[PDB]
Amino acid sequence: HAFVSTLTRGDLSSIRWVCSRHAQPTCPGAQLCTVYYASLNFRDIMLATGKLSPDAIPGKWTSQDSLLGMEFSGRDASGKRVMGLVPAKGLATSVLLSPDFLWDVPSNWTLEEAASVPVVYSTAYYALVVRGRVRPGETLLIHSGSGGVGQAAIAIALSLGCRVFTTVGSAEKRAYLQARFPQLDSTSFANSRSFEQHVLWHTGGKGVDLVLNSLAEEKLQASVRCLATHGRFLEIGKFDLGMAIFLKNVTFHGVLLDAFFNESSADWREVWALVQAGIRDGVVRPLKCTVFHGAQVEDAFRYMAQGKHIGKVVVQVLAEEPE
Amino acid sequence: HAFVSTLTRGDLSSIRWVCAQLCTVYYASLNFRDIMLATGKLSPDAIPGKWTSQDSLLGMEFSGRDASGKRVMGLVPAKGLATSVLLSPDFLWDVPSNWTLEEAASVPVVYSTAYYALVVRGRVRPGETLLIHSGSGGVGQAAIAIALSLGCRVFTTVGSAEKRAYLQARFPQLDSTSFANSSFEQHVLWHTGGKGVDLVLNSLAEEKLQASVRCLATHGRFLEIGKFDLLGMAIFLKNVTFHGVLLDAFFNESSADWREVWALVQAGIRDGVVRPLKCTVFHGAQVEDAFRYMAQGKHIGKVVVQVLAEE
Ligand SMILES: Oc1cc(Cl)ccc1Oc1ccc(Cl)cc1Cl
Ligand SMILES: [Cl-]
Ligand SMILES: [Cl-]
Ligand SMILES: [Cl-]
Ligand SMILES: [Cl-]
Ligand code: NA
């Protein structure tokens, strides 16, 4: 067994593979999977650079545990291709996890790209459907549309018949989204020319019903101004109060999946089912992947941290075998 | 027709009387917003709706009689502190026989607010637990009444022993464990088995947000009533939902949504859940005294201005 860990806490240059046989659990509640690809998420960057303490992550961890890695694709003990969510420790040669957090990988998918799906789509479905309760014909404002969760949210929003507005960091990102999502038109892109004025003008002065991730971009105040009454804010936890909030009867939803691995495990399969149905119906599409050899894991992190990429940064722990 | 107005904006000493369904106002209650307006801490431009510079917005609720003489109580978007109000019948309730008009004037705002916050927004369920800050406050008392009627366990913080004593006497269903600050987070955590509470009401007003999060259950909800005189990772890890609440929208763009709240209040009256607050009454001529006393915030229940004595 081997996992990725920073030698000295907070130093990304000290990152390396620590090597060392984990037993197969008999009980149906736990399962040992072989990791082929492990995706990087922003939290992994926060942990490795020391901006985030592992003591902050919920669960039962020891002082020697490395929590790097939140999602993977690979094979179960029987050799079936799977992808899954893990509370931590995804960046390893094998993962021990509950089968409740596994999905089968569609035959037309590569293992490589399947690794990009679990976190962003589980997060987007939980936020929009379970928490946001999106309804057809409602309007959404998705900040950072080309970002991982943004892309998932756009795909889900459009599938449920919702009208989508988004903000993006660049023309390239705008161009990418327009091509990936032909249902979008030029009016969908709110920050190409302020975004709140744009939204108001294309919502009959009424504003949008839901806003996703305004805090990450520091666009909350502006977002309230183009929010409809009884609007809902959806904000995914990132480890880094005007009167309008009350007059408009605004609701704020703080969102993270960590609880589903713990005290909220009884409510997880609702989210699991949403992802599964989305896969079946073609809504859930793998993101674009930039792949690094596991031996270049440090390079993957530094590349990820720059945040200039589109899609997912994936680490190849074990190359998928030829068919 | 006459209404209360500050002749000079922001000078409470200059306050005086100035000489859909039309109702005669017998009693007009004061709310903190009225104080904010009268003392100039709040601009009338901040209050939604179509008002003119000549309007006085003082007064949010009343009791009296409609045109046909039937005793009523109601919510108004503004202009409640007057000899008459013009309003949609959607914002009127019949006054029960056992109530005086005096005390009926204490009901509309706090119970409409409490029902909308706890039931419509909070979606409180039987067997869930609530932390109600400032339990002796108007909305707090309404919230406690509603929570107990729905089979919820109530925790509350109070400013003094008198307030506890009043609440304990007003609500015999409460016990010693209901009063969390006789630290509340430690008290709450111990009496919820470390699970925390499902709902918290008005932590911001009391400056108890951080501590309230610490004794909040996963998927817990914060309910916060707007006040014009106003983020750890736990917020996200616990999947917290925050509800900002005010009734103003119901008079305007959310009029279609109002009936649910109206019916909740009416039903609460029917089931005897809705009980009038204690009232401290001032004659209309001492309207200034009423404002200054209200501003002291030492009272328990409602401050009410008698515009016209009940026959
Ligand atoms: O004070 C808060 C308390 C909680 Cl539990 C959650 C969010 C809070 O602050 C907010 C409330 C509403 C909106 Cl739309 C945005 C923000 Cl940042
Ligand atoms: Cl993070
Ligand atoms: Cl599309
Ligand atoms: Cl005014
Ligand atoms: Cl009682
Ligand atoms: Na106020």
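Proteins get letters first, then strands, A, B, ... in listed order; numbering begins at 1 in each. Excluded from the calculations below are hydrogen atoms, water molecules and symmetry mates; all remaining heavy atoms, backbone and side chain alike, are included. Just so you know, ligand 1 is whichever comes first in the structure, and atom 1 is the first atom listed for that ligand. Determined by X-ray crystallography, 1.8 Å, according to the entry header.
- Most heavy-atom contacts to ligand 1: the chain UniProt names Fatty acid synthase.
- The drug at ligand 1 is triclosan.
- Other chains near triclosan (heavy atoms under 4.0 Å), by letter: A, B.
- Residue-level proximity to triclosan for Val224(A) is absent, since no heavy atom of it falls below 4.0 angstrom.
- Each of the following atoms of triclosan lies closer than 4.0 Å to a heavy atom of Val250(A): 14 (Cl).
- Near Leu241(A), meaning under 4.0 Å from any of its heavy atoms, are these atoms of triclosan: 9 (O), 10 (C), 11 (C).
- The contact set between triclosan and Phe233(A), taken as ligand atoms under 4.0 Å from a residue heavy atom, comprises 14 (Cl).
- Below 4.0 Å from some heavy atom of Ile245(A) lie the following atoms of triclosan, by number and element: 12 (C), 14 (Cl).
- At a heavy-atom cut-off of 4.0 Å, the residues contacting triclosan are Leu220(A), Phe233(A), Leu241(A), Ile245(A), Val250(A), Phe252(A), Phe222(B), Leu231(B), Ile235(B), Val240(B), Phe242(B).
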